[PDB]
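Carfilzomib (bound form):Proteasome subunit beta type-5 complex.
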Amino acid sequence: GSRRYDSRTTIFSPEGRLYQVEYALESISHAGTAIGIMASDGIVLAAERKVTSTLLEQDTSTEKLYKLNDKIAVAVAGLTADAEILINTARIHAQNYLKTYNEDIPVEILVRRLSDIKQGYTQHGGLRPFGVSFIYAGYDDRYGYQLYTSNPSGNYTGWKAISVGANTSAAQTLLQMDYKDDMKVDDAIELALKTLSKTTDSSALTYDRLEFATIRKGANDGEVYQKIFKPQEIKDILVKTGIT
Amino acid sequence: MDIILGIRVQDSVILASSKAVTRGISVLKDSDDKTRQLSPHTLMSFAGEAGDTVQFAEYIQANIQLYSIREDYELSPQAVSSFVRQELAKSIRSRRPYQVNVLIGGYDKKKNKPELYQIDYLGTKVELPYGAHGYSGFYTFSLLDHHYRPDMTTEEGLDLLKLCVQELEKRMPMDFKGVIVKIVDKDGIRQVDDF
Amino acid sequence: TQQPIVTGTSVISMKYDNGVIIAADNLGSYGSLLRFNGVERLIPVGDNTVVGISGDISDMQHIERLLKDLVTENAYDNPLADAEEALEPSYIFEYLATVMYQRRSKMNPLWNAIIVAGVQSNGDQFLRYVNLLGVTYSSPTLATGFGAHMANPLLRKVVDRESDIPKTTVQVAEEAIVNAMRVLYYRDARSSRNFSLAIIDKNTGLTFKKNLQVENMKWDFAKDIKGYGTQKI
Amino acid sequence: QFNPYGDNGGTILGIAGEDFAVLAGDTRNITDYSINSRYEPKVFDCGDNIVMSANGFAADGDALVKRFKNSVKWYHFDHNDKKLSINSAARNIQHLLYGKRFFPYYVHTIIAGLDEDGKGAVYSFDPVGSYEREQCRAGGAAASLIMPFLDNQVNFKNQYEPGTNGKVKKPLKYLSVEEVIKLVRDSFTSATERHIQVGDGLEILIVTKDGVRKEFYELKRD
Amino acid sequence: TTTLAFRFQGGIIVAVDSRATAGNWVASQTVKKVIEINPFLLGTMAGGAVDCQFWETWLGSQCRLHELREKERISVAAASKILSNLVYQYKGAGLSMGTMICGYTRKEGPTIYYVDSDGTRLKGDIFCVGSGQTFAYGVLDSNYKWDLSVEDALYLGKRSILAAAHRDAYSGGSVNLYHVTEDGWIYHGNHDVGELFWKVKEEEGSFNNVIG
Amino acid sequence: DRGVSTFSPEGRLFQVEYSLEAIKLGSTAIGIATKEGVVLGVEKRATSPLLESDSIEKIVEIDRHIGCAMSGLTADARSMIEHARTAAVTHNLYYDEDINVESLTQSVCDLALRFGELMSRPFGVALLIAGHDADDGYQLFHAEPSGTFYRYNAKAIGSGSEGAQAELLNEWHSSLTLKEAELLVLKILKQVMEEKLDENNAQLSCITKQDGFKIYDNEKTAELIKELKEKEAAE
Amino acid sequence: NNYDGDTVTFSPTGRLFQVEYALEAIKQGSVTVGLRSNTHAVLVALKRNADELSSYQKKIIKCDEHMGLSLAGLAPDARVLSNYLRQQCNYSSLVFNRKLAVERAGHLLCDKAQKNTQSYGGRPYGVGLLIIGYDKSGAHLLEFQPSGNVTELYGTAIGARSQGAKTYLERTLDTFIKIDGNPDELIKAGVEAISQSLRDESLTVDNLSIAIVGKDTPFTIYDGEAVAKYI
Amino acid sequence: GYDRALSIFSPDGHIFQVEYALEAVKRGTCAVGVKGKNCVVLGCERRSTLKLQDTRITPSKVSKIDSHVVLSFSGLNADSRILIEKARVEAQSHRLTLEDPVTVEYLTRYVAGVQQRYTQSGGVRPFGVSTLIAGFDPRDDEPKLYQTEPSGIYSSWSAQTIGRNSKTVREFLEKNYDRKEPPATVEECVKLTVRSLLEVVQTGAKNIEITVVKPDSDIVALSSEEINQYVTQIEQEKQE
Ligand SMILES: *[C@@](C)(CO)[C@](*)(O)[C@H](CC(C)C)NC(=O)[C@H](Cc1ccccc1)NC(=O)[C@H](CC(C)C)NC(=O)[C@H](CCc1ccccc1)NC(=O)CN1CCOCC1
């Protein structure tokens with residue numbers, strides 16, 4: 001029968017590893033680097049677009065940074081098509097919570113549920129896992145500013161600063177070097193860009209190969225604002241820090 | 001089931017619930033507690049169809065307790081009341097709806113404010129300074145309209161509540177065997193033993 | 001839940017010494033309208049069984065098809081289909097009885113009263129009744145509808161108990177059946193003059209008689225009857 | 001509207017002795033004011049020395065008996081030809097009846113036989129499965145006529161010892177098979193006189209350790 | 001039916017009648033309305049006979065499965081709740097049951113739970129259930145004290161059923177008595193109302209409404 | 001790979017034969033049937049000294065008149081015991097009687113072959129089912145994952161089974177008393193066990209008509225162990 | 001070799017190896033013999049034990065008052081197939097008030113076994129059956145193989161060393177077929193037949209298993225001291 | 001639905017998928033459970049290759065199943081969440097039907113039963129997780145500590161460890177734990193738990209988590225400084 005052609009996507013290796021999860025992580029390691037940095041007064045999300053072409057429409061494009069609701073955003077590393085499936089589910093889950101409790105969803109709850117979906121694909125169903133790693137940046141009134149990451153295994157962890165995708169080893173060393181707890185958003189913006197600039201496989205870091213976003217309380221009085229940076233705004237912030 | 005009252009004052013929510021359980025021409029019990037603690041600072045009283053009342057109350061209780069363990073965190077009275085309303089709103093269009101009316105008295109620790117919610121079996125939620133379900137309201141609402149003030153103390157609220165119970169004991173047809181009174185405030189939930 | 005539309009009236013039957021006789025008129029009524037006149041309500045199964053059906057005709061036709069299909073199915077992988085493993089009256093009845101009761105239990109009955117008449121392989125007479133409720137019973141004489149009220153009393157005068165069966169010949173038995181059919185024509189408003197009669201004998205086999213008519217009727221006394229009490233003309 | 005139930009009349013009667021039990025029933029089958037059959041048996045030997053009758057709506061009665069007979073057959077297959085005891089049969093029948101609690105078998109069921117100590121046993125069931133072991137039970141159309149007579153003659157109810165000032169009761173004792181059959185026959189002739197659905201014939205099934213015996217008696221046919 | 005059970009100093013008394021009716025037809029005078037679930041648990045029956053009989057013996061099976069799985073006798077609370085949750089699933093279907101789950105355990109002590117077919121479950125010290133419950137209440141309440149002796153408590157339970165058996169047309173037959181202690185339930189006999197009424201009338205001097 | 005319900009060229013089901021190898025790795029379990037009762041004994045085999053041995057439950061009650069011992073992948077036995085208990089209680093509900101030991105065993109063995117591509121693999125545990133009924137008296141059954149069950153006068157299963165079975169062949173006779181059987185299980189367990197036999201690493205049980213199924217206390221077994229050692233030294 | 005992974009695969013010579021391996025399980029099974037006259041049909045079965053402490057595996061199963069079989073191979077599969085036969089016999093009785101013909105019984109077993117040889121996931125039955133019965137056309141004996149092939153015979157045998165008994169019955173055909181109105185003699189012929197399949201072991205009291213059905217004899221099984229007569 | 005039998009027997013009688021799930025447990029961070037005279041302590045290793053972590057929000061290694069029972073684990077983190085969730089739901093369901101919280105044995109038996117079900121169900125792989133379940137039964141003061149593993153077997157332990165280098169810490173506990181006299185106090189029990197982890201961990205900074213459970217739903221997690229005091233005390237006594 002069909003048994004002959006089954007890859008068996010949800011099994012253990014003799015060493016106790018999940019083949020498909022490991023190979024999905026190997027896939028993600030070739031994706032454009034994405035960095036999240038959490039400051040005391042906001043969060044920075046920075047991501048490198050995958051080898052851009054000059055005829056690519058940059059302003060009306062979305063590859064790395066997505067909005068889940070008004071208080072939560074994600075940076076993507078891996079297959080974009082896979083990420084969008086999960087993003088729409090995450091968006092729906094947030095709205096279900098709001099509809100049920102008349103309160104915006106706490107960041108961890110959303111992260112756990114999305115991570116639980118990924119876990120399911122590694123334990124049952126016989127399907128390939130989602131080749132995606134997320135950096136979740138968000139705010140709620142319980143824990144304030146939060147950074148998380150999830151990966152194809154469905155395992156998630158919290159961070160002060162973290163990178164996913166390509167050159168995470170080099171990127172994490174650089175973040176671990178210059179990061180400190182009393183950091184501000186504007187400093188974190190500078191750290192994020194400086195890290196990408198050194199870890200990039202490109203010749204020089206430019207505005208057209210980046211996506212950028214901040215989650216500040218920089219709105220008027222006790223409320224959170226999401227800023228997905230425009231091309232010109234990335235061009236200005238890149239000059240302001242002296243990278244170009 | 002019959003009489004459940006609720007009064008939100010300055011720093012607390014007071015719930016009064018009748019002790020009688022009547023069936024046919026027999027008062028089977030005169031010490032029935034028509035309430036469940038959903039969380040340390042949230043209390044729900046209930047009245048309606050026999051069986052449905054407790055079954056619904058305990059089902060909600062289990063769900064809120066489950067949430068509390070999962071998140072290691074207490075849901076706000078507003079959040080709990082919205083959850084309860086949605087369950088009843090689902091229920092009314094089910095094959096057999098829960099015929100249960102509830103009051104939810106809670107103290108929001110983040111806001112440092114007492115909150116009283118009135119929800120009927122249809123899933124009709126309202127936040128109120130004072131509330132009642134069934135025929136009780138027809139006497140107590142007008143009484144409270146007159147005597148209630150928003151800045152009252154817990155002791156003033158209990159005297160205001162005594163005034164309601166006296167009026168009900170005077171003018172209500174049925175013997176409801178007095179009430180169990182509970183207070184919800186910043187320190188949690190406690191029962192008044194002598195009422 | 002049904003209501004019968006096109007209906008057939010009484011089916012009558014009785015045992016005699018060597019076999020059974022069964023009869024039913026050829027009418028398909030549509031309420032008070034005597035709509036169809038060429039309706040055969042006796043349906044032979046093999047050469048040893050006749051199923052007489054009253055009630056809803058659309059359901060009767062459904063039952064015809066089931067019996068027809070039963071004969072086909074019995075013949076499958078059966079070298080003795082025309083011998084030792086042929087369909088018996090008792091097999092045919094029990095099948096119908098099962099169906100009738102299953103259908104009443106699903107609240108969607110076959111709106112019929114059925115009498116299965118035949119002779120078993122060992123020569124024994126078979127005569128049993130079943131209806132829309134799945135109720136079954138056997139008797140030396142059996143009748144449906146008005147036949148139960150008018151034919152049975154007449155047929156029971158011939159065969160009143162089991163011991164009267166060996167004493168009853170096919171000539172006497174057929175005479176009683178034919179007489180009963182006349183009485184039903186006098187008194188049943190949904191009956192016709194034309195009918196079919198079937199004899200299943202353990203010696204002579206199945207004899208199916210079509211296009212019989214009620215005859216030797218008494219109507220002459222009607223001319224003397226004038227008015228409804230007083231009136232003399 | 002289609003009514004799935006009907007009344008086939010008749011009446012049944014079970015009495016238990018010391019080392020025997022009888023289950024009697026008239027052989028008349030009716031609908032409304034018509035007789036369908038003068039001899040249609042409704043008391044059956046179901047095997048394992050258990051006799052059974054399900055009186056009321058005959059279609060449900062036959063269905064039940066048929067299912068119980070089948071239950072006895074499968075009990076043998078599944079438990080190494082073990083004999084189904086009367087108490088086990090009774091419990092099994094309860095589940096058969098209660099299985100159709102929301103579309104009931106319209107019958108009064110009675111079974112009879114011997115218990116595991118060899119003593120006479122009669123069990124009786126309501127339409128939905130409530131059962132009870134008794135020395136005595138009448139079921140069916142003429143149950144209300146026969147049952148009080150049985151209370152008086154079998155269980156000696158309301159009978160006191162003469163001269164004892166109504167202080168000492170008539171002592172309970174087992175009846176012989178001869179005395180029981182006298183009571184059965186008198187019960188059915190009395191029921192035949194005063195009940196229109198009862199008559200034609202009486203069929204008694206007697207159960208002893210030796211097996212199941214039958215007796216038949218004529219009843220009035222009007 | 002008339003059934004009662006009350007809690008007192010010396011444990012629990014349980015008393016029931018034995019009549020079964022189908023309309024005004026007295027169908028039986030010898031029905032067992034107490035179910036012996038285990039050596040420490042009793043269940044009383046009122047309402048539809050097989051509904052009570054079937055589901056309470058089913059309850060006994062569930063209680064047996066509990067002590068096999070948990071290596072421990074089931075609590076009165078848990079046993080009553082199995083039954084109440086069961087009937088609640090059938091709510092609206094037309095089950096007719098008024099039951100009392102009575103028993104003793106270490107953690108609970110003597111406990112009585114009222115459970116009925118519309119899903120009501122109540123812990124309490126005194127309950128009377130059935131068509132003659134009010135008649136039983138009248139005698140029981142007016143003579144009840146916590147400090148009754150085992151002998152007096154048994155009699156009061158018996159006398160209360162007798163009171164209902166007399167006045168309620170749908171109660172009668174005989175009185176079945178039970179006494180529940182820390183050591184389990186103890187049967188205290190079947191008492192026919194035929195003899196018991198006259199015995200009680202003579203000895204007690206009560207029932208003066210009746211022609212002596 | 002290959003089908004789960006595949007036959008070998010010799011005419012055996014691969015998965016059933018492989019599950020039998022898993023049972024050979026399991027801890028020893030011995031059952032002996034007498035006219036005074038049936039005795040069931042097991043090797044507990046704690047993997048470490050910190051493990052509380054009294055929590056090792058390899059002897060189990062199915063009903064008052066039926067007991068069960070296990071050997072192999074003991075986690076697989078839980079659903080088998082659950083089914084057995086439900087079968088036993090359900091039969092009592094339907095028939096107001098105790099269920100025959102053979103019928104109970106047959107009910108358990110019906111689960112065995114309900115695997116394929118129903119559960120994904122056979123059970124990796126063998127069961128010794130001991131009990132009493134009025135018809136066939138005291139009985140001992142060996143229930144395998146093949147769906148087969150044999151009645152036995154005495155039987156050993158697990159790692160030391162072939163050695164213990166050979167010993168049971170010589171020792172068993174039809175007139176054994178209950179006490180003699182108890183000692184015989186302890187004797188044969190002590191022989192095949194790796195670690196030295198005591199009340200903490202070995203458990204006894206029995207089923208009698210009068211008292212039903214009973215798991216022995218560690219105090220009661222300890223005295224039988226002491227009684228056993230004294231009798232072997234006495235000649 | 002490469003074509004024996006499942007039942008759904010044909011070999012290059014048109015063989016079904018899984019069906020053939022299932023057939024092999026029967027050959028390993030203990031011998032059982034079937035034979036009939038015109039009045040009676042008899043099953044004789046050599047039961048097998050695990051060891052001297054064990055019971056002897058029961059080979060014969062009753063299907064109805066007039067029908068039953070003996071087994072050789074996987075006993076659980078026989079239980080499944082016998083249960084199916086019990087239901088089919090029972091369906092015929094309840095619905096048609098008719099005792100199931102032994103020939104139809106064979107047709108039903110054939111079609112049930114066949115479905116398991118043409119679909120993915122399932123497996124063939126690993127047991128052979130000898131069905132005896134007495135119906136409206138007299139005594140019958142059938143041989144069921146899990147390939148689906150059912151065959152009506154005067155006599156036969158299946159299991160290990162069944163060729164010995166099968167040769168004997170082929171010689172004795174003219175004798176035992178005319179043993180009419182004599183149960184004990186027909187059994188004796190069956191016991192002598194199964195004896196031709198014995199090696200080193202002989203027929204003992206708890207080893208032999210006999211069953212009989214006939215004109216005025218319901219299907220009944222004899223074990224223990226009841227078969228001591230025939231040793 | 002996906003039906004494949006993933007967990008199956010091999011010729012030698014092993015279920016490799018269950019055994020490979022144990023290897024995942026062996027890879028996981030070390031977890032230890034030690035029960036005293038009036039308490040149980042659950043110690044857990046946290047690997048220090050992860051700096052820039054946010055310990056406020058990062059999932060804790062010890063999880064509350066109910067107010068009186070806790071569950072720690074070793075192995076796949078994502079798998080553990082599924083078991084914890086089911087356990088928490090069953091805990092509330094037990095309170096609802098039995099009107100009494102679960103015993104530690106019951107909760108363990110349930111979790112173990114779930115794990116077993118995944119070893120002979122089609123289309124699923126076993127949980128790559130072993131758990132330590134600890135707490136106190138309702139109205140009881142006897143400490144309870146249980147262990148479960150992918151196969152589905154469970155058992156009670158006076159003290160136990162699971163995860164990477166668990167054989168080293170088990171060796172330590174086997175000679176340092178006295179059955180006749182368990183840690184009489186909370187301090188003694190925590191110290192023995194910390195000592196055992198210090199055989200394997202590396203540094204006693206933010207690598208060790210300690211959770212103390214006491215009777216009547218009294219559960220508290222120790223902070224960095226509180227744990228560091230035990231680490232500082234043990235090292236000074238060691239230099240001797
Ligand atoms: C007191 C005595 C009165 O209520 C008690 O409450 C007892 C309880 C004891 C027996 C456990 N209750 C009854 O006796 C109870 C009263 C009752 C009747 C019907 C509905 C609710 C309560 N009686 C019964 O349940 C009797 C049992 C005896 C054996 C006759 N059963 C019936 O009346 C049955 C079944 C009724 C039924 C219930 C649910 C669904 C369908 C039917 N009905 C008949 O037997 C019908 N009748 C008998 C006379 O012949 C004509 C048909």
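The chains referred to below are lettered A, B, ... by the order of the sequence lines, with proteins before strands, and numbering in each begins at 1. The structure shown is a partial extract from the entry, and contact counts are restricted to the extract. Determination method: X-ray crystallography, 2.6 Å. Side chains are part of it too, since the values below use all heavy atoms of this structure and drop only hydrogens, waters and symmetry mates. Order of listing sets the numbers, starting from 1, for every ligand and every atom in it.
- The heavy-atom neighbours of carfilzomib (bound form) at a 4.0 Å cut-off, by chain: D, E.
- Here the heavy atom of the protein found nearest to atom 20 (C) of carfilzomib (bound form) is E:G48 CA, 4.6 Å.
- Under the 4.0 angstrom criterion, atom 10 (C) of carfilzomib (bound form) counts as having a protein heavy-atom contact.
- Distance from atom 33 (O) of carfilzomib (bound form) to its nearest protein heavy atom, with residue and atom name: E:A22 CB, 3.7 Å.
- The residue of chain E annotated as active site in UniProt and closest to carfilzomib (bound form), together with its heavy-atom distance to 1 Å, is E:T1, 1 Å.
- The residue from E:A49, E:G47, E:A27 that puts a heavy atom closest to atom 12 (N) of carfilzomib (bound form) is E:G47.
- The nearest heavy-atom contact from the protein to atom 34 (C) of carfilzomib (bound form) is D:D126 OD2, 3.4 Å.
- The nearest protein atom to atom 6 (O) of carfilzomib (bound form), hydrogens excluded, is given as E:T1 OG1, 2.3 Å; this is a heavy-atom distance.
- Taking only non-hydrogen atoms, the option from D:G129, E:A46, D:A143, D:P127 nearest to atom 45 (O) of carfilzomib (bound form) is D:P127.
- Examination of the model shows the covalent partner of carfilzomib (bound form) to be E:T1 OG1.
- The entry refers to chain D by the name Proteasome subunit beta type-6.
- The protein non-hydrogen atom at the shortest distance from atom 41 (C) of carfilzomib (bound form) is D:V128 CG1, 3.9 Å.
- Regarding atom 48 (C) of carfilzomib (bound form), its nearest protein heavy-atom neighbour is D:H108 NE2, 3.3 Å.
- For atom 24 (C) of carfilzomib (bound form), the nearest non-hydrogen atom from the set E:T2, E:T21, D:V107 comes from E:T21.
- Checked against UniProt, the bortezomib-binding residues of chain E with a heavy atom under 4.0 Å from carfilzomib (bound form) turn out to be: E:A49.
- Ranking protein heavy atoms by distance to atom 29 (C) of carfilzomib (bound form), first place goes to D:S130 OG, 3.5 Å.
- Applying the 4.0 Å criterion to heavy atoms of E:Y170 picks out, from carfilzomib (bound form), the atoms 1 (C), 2 (C), 3 (C).
- Annotation: E:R19 places no N or O atom under 3.5 Å from an N or O atom of carfilzomib (bound form); distance criterion only.
- Applying a cut-off of 4.0 Å to heavy atoms, one finds the binding site of carfilzomib (bound form) to be D:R101, D:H108, D:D126, D:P127, D:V128, D:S130, E:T1, E:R19, E:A20, E:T21, E:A22, E:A27, E:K33, E:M45, E:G47, E:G48, E:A49, E:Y170.
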Polar pairs, carfilzomib (bound form) vs protein, N/O only, below 3.5 Å.
from                     : atom 1 : to     : atom 2 : distance (Å)
carfilzomib (bound form) : 4 (O)  : E:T1   : N      : 3.2
carfilzomib (bound form) : 6 (O)  : E:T1   : N      : 3.1
carfilzomib (bound form) : 6 (O)  : E:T1   : OG1    : 2.3
carfilzomib (bound form) : 6 (O)  : E:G47  : N      : 3.1
carfilzomib (bound form) : 12 (N) : E:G47  : O      : 2.9
carfilzomib (bound form) : 14 (O) : E:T21  : N      : 3.0
carfilzomib (bound form) : 23 (N) : E:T21  : O      : 2.8
carfilzomib (bound form) : 25 (O) : E:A49  : N      : 3.0
carfilzomib (bound form) : 31 (N) : D:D126 : OD2    : 3.3
carfilzomib (bound form) : 50 (O) : D:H108 : NE2    : 3.4

